[PDB]
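What follows is a model of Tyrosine-protein kinase JAK2 carrying bound ruxolitinib.
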Amino acid sequence: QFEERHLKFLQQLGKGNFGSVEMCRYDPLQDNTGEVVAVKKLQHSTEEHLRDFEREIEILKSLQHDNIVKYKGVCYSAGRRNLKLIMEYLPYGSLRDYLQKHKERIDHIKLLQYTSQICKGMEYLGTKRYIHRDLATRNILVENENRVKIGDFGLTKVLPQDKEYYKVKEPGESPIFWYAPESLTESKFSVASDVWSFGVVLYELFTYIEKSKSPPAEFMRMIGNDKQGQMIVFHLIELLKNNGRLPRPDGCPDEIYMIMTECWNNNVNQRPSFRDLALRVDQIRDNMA
Ligand SMILES: N#CC[C@H](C1CCCC1)n1cc(-c2ncnc3[nH]ccc23)cn1
């Protein structure tokens, strides 16, 4: 129950898919003692986007986990237009930028620490029957050198009880190079498609976000930068159906790549669970230490 005349804009932190996040100071006493918080707002506040935003707020507020960004509250302007979501501010930004920043002091054990935390966050999501749908290092935030948190839930959906997937297609851009094949062909999203995307996240981490090694660059080279608009996705589909896959990143051990390729199974039922992913990653971590 923060109200916007005490929210002082400091800078933009991110621009999402119909929303953006600002770094602000909440200073109700107006003496510069208040906390720095993150404030998410819609950029073009239609009725559909606002109903989606309210569902997103309910989801985040229902999550309490060390590797999920903390909900703090909501902000309203006269009436209830201009809805704003108040969250904890995490000072090291997104894991994509952090990792690109500190390439030279983040070793493989540190990557596997982040990996384990992401899987525990995702397993908690699954226990709530939430499907994230936008798992990527740009949507993971760094609280400190030893803790990351899943940081955005704009595309997250609740499963119907009678079903284990959720069919949804949205207008606009979709992170198709993180999408499982059944999400590309049938718009089916499930815990298993989140596992596919987590494999892509793991690939990202072990590339250290090298520009020419991004999933989009690699896939566009594999189908050819000659492709064009939606013909593009069509070719992606066929490449994935013939087991075309992102390569093992430089310096990636063979067992970490084995985890990646196991998450990238065409057979939706043969992808590992998040509990098993965490177990294997933790055993590799223990071996390295
Ligand atoms: N995660 C993620 C991606 C997200 C952008 C994507 C969706 C709108 C903004 N983003 C969140 C932040 C951010 N930075 C620092 N503290 C935060 N708290 C909550 C979000 C947040 C920066 N970019």
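Chain A uses the PDB entry numbers throughout; the residues present, in order, are 843-1131. Indexing begins at 1, ligand by ligand and atom by atom, following the structure's order.
For ruxolitinib, the atoms closer than 4.0 angstrom to any heavy atom of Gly856 are 9 (C), 23 (N). Taking atom 22 (C) of ruxolitinib as the reference point, the nearest protein heavy-atom neighbour is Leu855 O, 3.5 Å.
Interface atoms of ruxolitinib facing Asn981, defined by a heavy-atom separation under 4.0 Å, are 1 (N), 2 (C), 3 (C). Remark: ruxolitinib and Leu932 share an N or O pair separated by less than 3.5 Å (distance only, no angle test). Atom numbering of ruxolitinib starts at 1 in the shown order; those under 4.0 Å from a heavy atom of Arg980 are 1 (N), 2 (C), 3 (C).
Looking at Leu983 against ruxolitinib, only its side chain comes within 4.0 Å, counting heavy atoms.
Looking only at heavy atoms of the protein, atom 18 (N) of ruxolitinib is closest to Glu930 O, 2.8 Å.
From the protein, the heavy atom lying nearest to atom 6 (C) of ruxolitinib is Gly858 CA, 3.8 Å. Looking only at protein heavy atoms, the nearest one to atom 9 (C) of ruxolitinib is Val863 CG2, 3.4 Å. Looking from atom 7 (C) of ruxolitinib to the surrounding protein, the closest heavy atom is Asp994 OD1, 3.3 Å. Neither the backbone nor the side chain of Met865 comes within 4.0 Å of ruxolitinib, counting heavy atoms alone. By chain and number, the binding site of ruxolitinib at a non-hydrogen cut-off of 4.0 Å is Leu855, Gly856, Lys857, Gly858, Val863, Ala880, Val911, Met929, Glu930, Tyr931, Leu932, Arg980, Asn981, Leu983, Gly993, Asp994.
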